[PDB]
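Shown here: (S)-carprofen bound to Beta sliding clamp.
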Amino acid sequence: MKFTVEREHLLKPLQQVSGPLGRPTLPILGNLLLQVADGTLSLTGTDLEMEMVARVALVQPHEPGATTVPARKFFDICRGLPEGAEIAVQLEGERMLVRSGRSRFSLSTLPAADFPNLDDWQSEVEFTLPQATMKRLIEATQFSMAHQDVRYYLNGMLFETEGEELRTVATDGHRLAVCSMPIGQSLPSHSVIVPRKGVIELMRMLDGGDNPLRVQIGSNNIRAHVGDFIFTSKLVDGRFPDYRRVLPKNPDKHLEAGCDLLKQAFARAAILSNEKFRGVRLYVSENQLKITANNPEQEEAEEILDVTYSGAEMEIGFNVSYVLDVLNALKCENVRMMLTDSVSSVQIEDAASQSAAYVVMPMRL
Amino acid sequence: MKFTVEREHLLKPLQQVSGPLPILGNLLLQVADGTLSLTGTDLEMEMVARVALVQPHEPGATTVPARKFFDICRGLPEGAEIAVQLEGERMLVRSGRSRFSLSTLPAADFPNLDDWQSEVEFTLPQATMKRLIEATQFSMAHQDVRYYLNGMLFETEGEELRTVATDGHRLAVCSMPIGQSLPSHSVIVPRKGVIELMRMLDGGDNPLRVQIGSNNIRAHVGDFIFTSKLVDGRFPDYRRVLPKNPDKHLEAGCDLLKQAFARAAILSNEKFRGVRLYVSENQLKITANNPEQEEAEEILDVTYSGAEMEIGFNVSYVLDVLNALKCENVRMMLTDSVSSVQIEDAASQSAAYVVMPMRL
Ligand SMILES: C[C@H](C(=O)O)c1ccc2c(c1)[nH]c1ccc(Cl)cc12
Ligand SMILES: [Ca+2]
Ligand SMILES: [Cl-]
Ligand SMILES: [Cl-]
Ligand SMILES: [Cl-]
């Protein structure tokens, strides 16, 4: 295996394929697989649950073969060479040599044949969509995923295809986010859970250019192709909660207000909320929202805002971090809150669109 | 105690005094003679900021939680007016229809640095003080048992102010002219003090007044006053640290040398990163290896005079120097494999660096 490649054509691929990898559990999992075949250098990184592959075209002389080498060390070497450096690589059994100018490096190898390899699988649905749509879908919901919950299915994001819609859903059992976007082709009904790190990888591979994303889903795997990057993950083997059953059934009290005005008021009140429980109290009355916070030390914050509200007065408590997370994800002019009573969840949406919806349970407070 | 002031006028003061037990997490607010003073302290140093009060106000003082008060002010909208009124065990803060009640501790409980007397005084541009500290601060010790190294020497000599910092392995010294004849004097400022002083100094052209006592230093710029205790011990004499007669001279591009060190270090021991330098006629070779038997080699074209020699260095020590220099060409002055080396910018003799070698 031999190749020579310009520094900048190797650098972003190395960064991308290292995504799935600080302290590898076993050494080969801290390595990348390098493969030269048919005019292409392929680079692969994996954590045993997902893999990221980059294809790099070779315009300079090369010889086929494969090995694995430490990802961080190889990336750092390539990054540290000067702009435009020509990076020559040659496999020499238990070592891989790297040379550029009068810089020389020898890296320890492990066999390509020992590199873990996600199984082949069969796609059952395939579709294309703009990068921006996938970005919107994930950014709208990712913050509501659980983190290290014993309920493993919640530490992932539901991807659901239905008719001409792709939908993401995330929840940690306290708050839920759901987003639906049209794709312009009719899809079979599929519902799959993508693991935490996989959602991060999908997000990371979106360059923000005009390349479309091609998605394939099977029973136990998902794959996304963007440019010369191919991401594949195993799916989480569980049954996700149904968002339709958690949306409040008849939330007739409707509040409308400016997103940023609400966000900044909640942020200020939060300063004097209980440090652990983060509770704020909302008092809604005719065209007015009062937000109060107090902590065990008896300090107090009060914010009064002009809003549009016609329903009955009520008082309801929320974890202010859950509210702030939603307002931060909406990034819109105006927000609608849909309330029922003091012991029931609130539904929050962009006043302009029902494409995303957020459900937050109240606090006893 | 009552005042009303624009948020804008509080922001910089608040960030400055939030820099240094429970009452130490509070700020002292004092209204007197048409001024609001804000003070923060950690018992070893204090920062005072003053803000003029044109709106009606009433004298008095209290202490409130620093981070809470700062976060409230910062969290209010651009252009906000902030009204404050003391109500016994609470301090009321009002802006528009935002209202806050903070718990207070009495002003009388707020720690004061003992009064002291100035012995040496001079004014210099804050830019000069920044340059002196930036040139040297990275060589201070952190939490050494030799407490006098956990800080920076400030020395006046002739017409110069000099800073010296060392951790026992490497040393930095920088001298700048201040345009007046000074007494010969030296004090050690604690490292946390150095960092707080440095953070008080922005990019402006602004006179800085320094007053040094037996046990304290004070620095005044604009409407900020920083005071710190000094460290009471015997600081090493940099003159005895500088190589006395280096007979080997290496000159190389600063950035080329930096990047070669940085690359080679990738394959050094991760827990203790060093490289070997081999100097010979017109060339520098830098090598590294690790327990996995991985190896790096860098060859540079350099200007060199002297006998061939091999010498090792701690990567971080050399990188810290080259990053501080930010110049075109660097000079290294060597003696032998077991002796310290001096490193300087080829085009400036304002700062010098000494680094002990590392055995590999
Ligand atoms: C503790 C002792 C001292 O004189 O205080 C000390 C302080 C600084 C240094 C040293 C020994 N030995 C050294 C060798 C090299 C350098 Cl750069 C600095 C030092
Ligand atoms: Ca809107
Ligand atoms: Cl190339
Ligand atoms: Cl090579
Ligand atoms: Cl004012």
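In this entry the chain letters A, B, ... are assigned according to the order of the sequence lines. Using the numbering of the PDB entry, the residues shown for chain A are 1-21, 23-366, in order. Chain B is numbered as in the PDB entry; the shown residues are, in order, 1-20, 27-366. As the structure lists them, so they are numbered: ligands from 1, and atoms in each ligand from 1. Per the header of the entry, the method used was X-ray crystallography, 1.6 Å. Reckoned from all heavy atoms, side chains included, excluding hydrogens, waters and symmetry mates.
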*Can you list every ligand or chain that belongs to (S)-carprofen?*
ligand 1
_Could you check which other chains have heavy atoms less than 4.0 Å from (S)-carprofen (ligand 1)?_
B
*Number the atoms of (S)-carprofen (ligand 1) from 1 as they appear, then name those within less than 4.0 Å of a heavy atom of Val247(B), with their elements.*
16 (C), 17 (Cl)
*Does (S)-carprofen (ligand 1) have any atom sitting under 4.0 Å from a heavy atom of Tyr154(B)?*
yes
*Go through (S)-carprofen (ligand 1) atom by atom and flag the ones less than 4.0 Å from a non-hydrogen atom of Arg176(B).*
17 (Cl)
_Can you see any other ligands or ions closer than 4.0 Å to (S)-carprofen (ligand 1) in this structure?_
none
*Identify the organism of origin of chain B according to the PDB entry.*
Escherichia coli
_Tell me the contacting part of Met362(B) for (S)-carprofen (ligand 1): side chain, backbone, both, or neither, using a 4.0 Å heavy-atom threshold, strictly below._
side chain
*Run the numbers for me: atoms of (S)-carprofen (ligand 1), each under 4.0 Å from some heavy atom of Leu177(B), listed by number.*
17 (Cl)
_Under 4.0 Å from a heavy atom of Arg152(B): which atoms of (S)-carprofen (ligand 1) are those, numbered in the order shown and with their elements?_
1 (C), 2 (C), 6 (C)
*Which atoms from (S)-carprofen (ligand 1) have a heavy atom of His175(B) less than 4.0 Å away?*
17 (Cl)
*If you count the atoms of (S)-carprofen (ligand 1) from 1 in the order shown, which ones are under 4.0 Å from a heavy atom of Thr172(B)?*
18 (C)
*asked:* Is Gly174(B) close enough to touch (S)-carprofen (ligand 1)? Criterion: a residue heavy atom under 4.0 Å from a ligand atom.
replied: yes
_Just curious, which residues make up the binding site of (S)-carprofen (ligand 1) with non-hydrogen atoms under 4.0 Å?_
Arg152(B), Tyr154(B), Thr172(B), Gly174(B), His175(B), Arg176(B), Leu177(B), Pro242(B), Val247(B), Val360(B), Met362(B)
